[PDB]
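Cereblon isoform 4 bound by S-thalidomide.
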Amino acid sequence: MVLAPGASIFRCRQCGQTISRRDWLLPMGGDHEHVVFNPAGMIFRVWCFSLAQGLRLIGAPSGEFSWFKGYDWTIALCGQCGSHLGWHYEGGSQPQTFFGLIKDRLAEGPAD
Ligand SMILES: O=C1CC[C@H](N2C(=O)c3ccccc3C2=O)C(=O)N1
Ligand SMILES: [Zn+2]
């Protein structure tokens, strides 16, 4: 669609690991962005993606405190540097799985 796009790929902000792409943004409940808080009171602006790479999913899934009805989550770390980038969601419906990534922990930039 455009030549030399600068808003193509999302990398880990801390190390540059390739994580996702703007093309893979997923409008869960009508919006790719969901503003949420955890039990420790931390607020996250979470962007939902159909796909991601370069992460390491830690532990078994849990349904507790899930921000997305019908989904269980696993912590998603940057597979390169260990930065906590978000969560992988599974066990739900349409889609069965997706990633919720913390927007401000990613850097956006040109394709590879
Ligand atoms: O969908 C989710 C993902 C996990 C997230 N969450 C956290 O970020 C957290 C931090 C410490 C203890 C417990 C939790 C927890 O469930 C949360 O609250 N909802
Ligand atoms: Zn990283």
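Sequence positions for chain A are given in the PDB entry numbering; the residues included correspond to 13-124, in order. Both ligands and their constituent atoms are indexed starting at 1 by order of listing. Both backbone and side-chain heavy atoms feed into the values below; hydrogens, waters and symmetry mates do not.
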*What are the identifiers of all copies of S-thalidomide in this structure?*
ligand 1
*Source organism for chain A, as stated in the entry?*
Magnetospirillum gryphiswaldense MSR-1
*So which protein heavy atom does atom 7 (C) of S-thalidomide (ligand 1) come closest to, and at what separation?*
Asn50 CB, 3.3 Å
*Quick one: does atom 11 (C) of S-thalidomide (ligand 1) have a protein heavy atom under 4.0 Å from it?*
no
*Nearest protein heavy atom to atom 19 (N) of S-thalidomide (ligand 1), by residue and atom, and its distance?*
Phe77 O, 2.9 Å
*Which residue supplies the protein heavy atom nearest to atom 15 (C) of S-thalidomide (ligand 1), what is that atom called, and how far is it?*
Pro51 CD, 3.7 Å
*For atom 1 (O) of S-thalidomide (ligand 1), which of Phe49, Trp99, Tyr101 has the closest heavy atom?*
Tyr101
_Sub-4.0 Å heavy-atom contact, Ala52 with S-thalidomide (ligand 1)_ = no
*Should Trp79 be counted as touching S-thalidomide (ligand 1), given the test is an N or O pair under 3.5 Å?*
yes
*Provide the residues lining S-thalidomide (ligand 1) within 4.0 Å, heavy atoms only.*
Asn50, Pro51, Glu76, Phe77, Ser78, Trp79, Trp85, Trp99, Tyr101
Identify all pairs of nitrogen or oxygen atoms, one from S-thalidomide (ligand 1) and one from the protein, separated by less than 3.5 Å, and list them with distances.
residue                  : atom   : partner : partner atom : Å
S-thalidomide (ligand 1) : 1 (O)  : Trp79   : N            : 3.1
S-thalidomide (ligand 1) : 1 (O)  : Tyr101  : OH           : 2.8
S-thalidomide (ligand 1) : 8 (O)  : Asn50   : ND2          : 3.0
S-thalidomide (ligand 1) : 19 (N) : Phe77   : O            : 2.9

